[PDB]
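Opening remarks: the structure here includes GC376 (bound form).
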Number of protein chains: 2
Amino acid sequence: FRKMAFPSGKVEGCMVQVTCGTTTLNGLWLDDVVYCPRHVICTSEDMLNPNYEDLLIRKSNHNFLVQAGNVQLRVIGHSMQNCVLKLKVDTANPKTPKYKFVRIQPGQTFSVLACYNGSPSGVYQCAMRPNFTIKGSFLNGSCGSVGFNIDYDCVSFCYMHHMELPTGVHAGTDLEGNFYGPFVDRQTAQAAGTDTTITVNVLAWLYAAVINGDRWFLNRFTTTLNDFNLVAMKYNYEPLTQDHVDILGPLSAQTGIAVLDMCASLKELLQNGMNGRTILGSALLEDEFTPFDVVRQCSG
Amino acid sequence: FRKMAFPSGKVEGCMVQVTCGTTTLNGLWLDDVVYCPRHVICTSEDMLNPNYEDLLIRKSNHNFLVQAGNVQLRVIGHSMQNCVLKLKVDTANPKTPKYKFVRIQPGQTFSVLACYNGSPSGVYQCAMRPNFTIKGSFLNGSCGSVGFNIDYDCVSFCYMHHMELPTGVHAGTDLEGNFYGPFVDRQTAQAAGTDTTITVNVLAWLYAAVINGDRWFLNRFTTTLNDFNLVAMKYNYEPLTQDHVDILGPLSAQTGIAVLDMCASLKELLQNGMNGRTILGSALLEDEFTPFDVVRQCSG
Ligand SMILES: *[C@H](O)[C@H](C[C@@H]1CCNC1=O)NC(=O)[C@H](CC(C)C)NC(=O)OCc1ccccc1
Ligand SMILES: *[C@H](O)[C@H](C[C@@H]1CCNC1=O)NC(=O)[C@H](CC(C)C)NC(=O)OCc1ccccc1
């Protein structure tokens with residue numbers, strides 16, 4: 001059972017290089033609009049305490065160098081929407097896929113196409129942590145790299161990368177420029193909340209495990225929703241609602257294991273640990289597979 | 001530190017659907033040639049003990065239904081090269097990337113574009129095990145899905161998926177149709193050798209860990225190449241040669257840690273275990289990152 005990313009093809013043909021002064025980073029070219037982090041306009045000094053309006057006013061269209069591979073793009077318009085810069089260009093992207101912009105909830109997953117100088121380097125699947133960070137692989141220049149889900153032919157862009165934190169975790173925005181979490185595009189010490197495990201994702205993965213013939217963690221015991229949540233809250237697991245239980249229904253019915261019997265299996269792993277054993281070749285409990293990711297991988 | 005796959009775009013535009021009788025699977029459309037597993041010609045009954053020459057002789061070009069998205073392709077020629085079928089078609093693939101065919105060594109890594117009915121569903125990074133299997137996510141119809149590395153603009157195709165084994169691991173061929181390992185495209189119980197850990201990959205990942213600020217596993221001790229190998233062979237680790245040490249040189253010089261000091265760190269993890277601790281958020285020792293994968297991710 002592999003952590004699979006979406007095919008990156010449709011997104012690869014939207015990645016452009018954006019330079020403003022010294023600073024270079026990645027932009028997303030959809031229709032006649034390039035989207036990038038607004039901090040492209042900042043010098044290393046500005047990043048400490050920037051007035052973005054004031055900094056942006058000193059910039060004209062011709063200050064923005066947007067390159068797609070070997071072709072230069074002329075900017076005919078620029079605006080700031082929250083923490084993203086929208087550069088209007090002359091040429092609509094011929095490779096623009098059917099797309100929308102979505103703001104995802106904590107615990108949902110997406111594919112990141114990690115880019116450097118408008119050029120894709122690699123793809124991976126990650127989860128939006130309950131504390132609105134991501135544990136990712138982002139070097140300097142990776143900024144403007146985007147997160148996406150693909151439904152049929154439609155790319156849903158959910159994330160654009162802005163910054164790494166002292167923790168080494170990553171913060172960024174939706175494609176409207178609203179940060180996930182309490183974070184600002186400013187170089188100051190910024191605390192992410194205490195992170196919690198995505199309980200509904202872990203259960204989904206225990207169902208994935210059953211389906212793939214790993215059943216050892218299954219026990220005789222059962223439990224209640226309340227009695228479980230009091231174990232969850234102890235072990236910094238996100239509490240389980242009836243919505244979470246209803247979302248797991250397909251997997252419960254597929255394997256013939258009631259959600260609350262699986263919950264009881266989990267308690268004994270949380271209380272007793274793993275005992276040196278593994279589940280789908282993993283010594284830890286995996287929470288970066290949604291119930292939807294598990295069903296889509298198990299049915300293809 | 002994420003397990004990153006290559007961007008799949010260039011490979012996505014080469015995936016076609018191939019049907020012969022009832023059996024449907026994926027093909028790779030490069031120039032005027034489609035490549036697929038030869039077992040596309042087998043009925044469920046034939047797969048038990050097939051005479052491929054005899055089965056192929058009963059088939060003519062017009063028996064092979066090759067579809068690319070919504071466009072049908074006429075076959076003007078068919079041949080068997082080892083375990084792959086080469087279908088010559090009228091139309092050269094317009095989306096054919098610069099490509100070559102390579103046979104990789106055990107312990108090397110590649111990206112798999114998992115496909116169903118000629119349509120890409122997802123991408124992941126895996127290693128060719130020392131026993132020439134891969135631990136992958138392949139449902140029925142996934143056959144013909146390909147493994148690849150990307151150097152600059154050049155796709156190097158190394159693997160095509162043929163079969164799952166009783167173990168639940170996966171076997172397949174190079175693009176010339178030669179199986180990795182002792183496996184045959186036949187539905188019989190087939191034993192993979194005892195698998196070993198890719199020692200040079202694990203060391204590369206301990207260097208990745210140091211670079212990313214996780215240094216706890218580092219010890220005062222050192223060791224010798226022989227004294228280490230006698231611990232390696234005990235713990236089913238592939239023995240370490242001077243070639244392996246020379247390949248780790250860049251990472252040794254980058255972090256200022258001699259290979260043999262890292263080897264000594266590893267012994268104490270093999271002998272004492274992990275102690276409930278983690279390294280780059282993993283409770284096990286990771287062997288699916290090559291020294292090349294580590295340097296490319298750490299320099300972008
Ligand atoms: C944008 O390219 C860059 C991405 C960083 C670089 C290291 N890892 C990343 O994810 N982001 C920034 O330069 C960003 C700028 C602020 C105005 C938001 N600051 C940032 O990431 O925090 C400082 C930092 C720099 C280098 C390593 C770790 C943290
Ligand atoms: C090709 O589409 C298919 C891929 C298998 C199906 C389950 N997981 C896979 O990787 N391969 C076969 O059907 C193959 C045919 C032989 C002639 C090589 N046999 C195979 O994979 O072994 C039997 C098997 C079937 C279903 C589940 C597990 C093993």
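All chains are named by letter (A, B, ...) in the order of the sequence lines, taking the proteins before the strands, and each is independently numbered beginning at 1. Order of listing sets the numbers, starting from 1, for every ligand and every atom in it. According to its header, the structure was obtained by X-ray crystallography, 2.3 Å.
- Most heavy-atom contacts to GC376 (bound form, ligand 2): the chain UniProt names 3C-like proteinase nsp5.
- Every other chain with a heavy atom under 4.0 Å from GC376 (bound form, ligand 2) is listed here: B.
- In this structure, atom 18 (C) of GC376 (bound form, ligand 2) lies nearest to the protein heavy atom B/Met163 CB, 3.5 Å.
- Bonding summary for GC376 (bound form, ligand 2): covalent, to B/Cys143 SG.
- In this comparison of B/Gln190, B/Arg186, B/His161, B/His39, the heavy atom closest to atom 15 (C) of GC376 (bound form, ligand 2) sits on B/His39.
- The protein non-hydrogen atom at the shortest distance from atom 1 (C) of GC376 (bound form, ligand 2) is B/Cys143 SG, 1.6 Å.
- In chain B, most residues contacting GC376 (bound form, ligand 2) belong to UniProt domain Peptidase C30.
- Which of B/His170, B/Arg38, B/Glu164 comes nearest to atom 22 (O) of GC376 (bound form, ligand 2) through a heavy atom is settled by distance: it is B/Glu164.
- For atom 26 (C) of GC376 (bound form, ligand 2), the nearest protein heavy atom is 4.0 Å or more away.
- Looking from atom 12 (C) of GC376 (bound form, ligand 2) to the surrounding protein, the closest heavy atom is B/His162 O, 3.7 Å.
- The closest approach between a heavy atom of B/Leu25 and any atom of GC376 (bound form, ligand 2) is not below 4.0 Å.
- Shown in contact with B/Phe138 at under 4.0 Å from a heavy atom are these atoms of GC376 (bound form, ligand 2), numbered in order with element: 7 (C), 8 (N), 9 (C), 10 (O).
- The entry attributes the origin of chain B to Severe acute respiratory syndrome coronavirus 2.
- Residue B/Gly141 has at least one heavy-atom neighbour below 4.0 Å for each of these atoms of GC376 (bound form, ligand 2): 2 (O).
- Under the 4.0 angstrom criterion, atom 10 (O) of GC376 (bound form, ligand 2) counts as having a protein heavy-atom contact.
- For chain B, the active-site residue flagged by UniProt that comes closest to GC376 (bound form, ligand 2), at the heavy-atom distance given to 1 Å, is B/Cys143, 2 Å.
- For GC376 (bound form, ligand 2), the residues with any heavy atom closer than 4.0 Å are B/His39, B/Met47, B/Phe138, B/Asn140, B/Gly141, B/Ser142, B/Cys143, B/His161, B/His162, B/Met163, B/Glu164, B/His170, B/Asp185.
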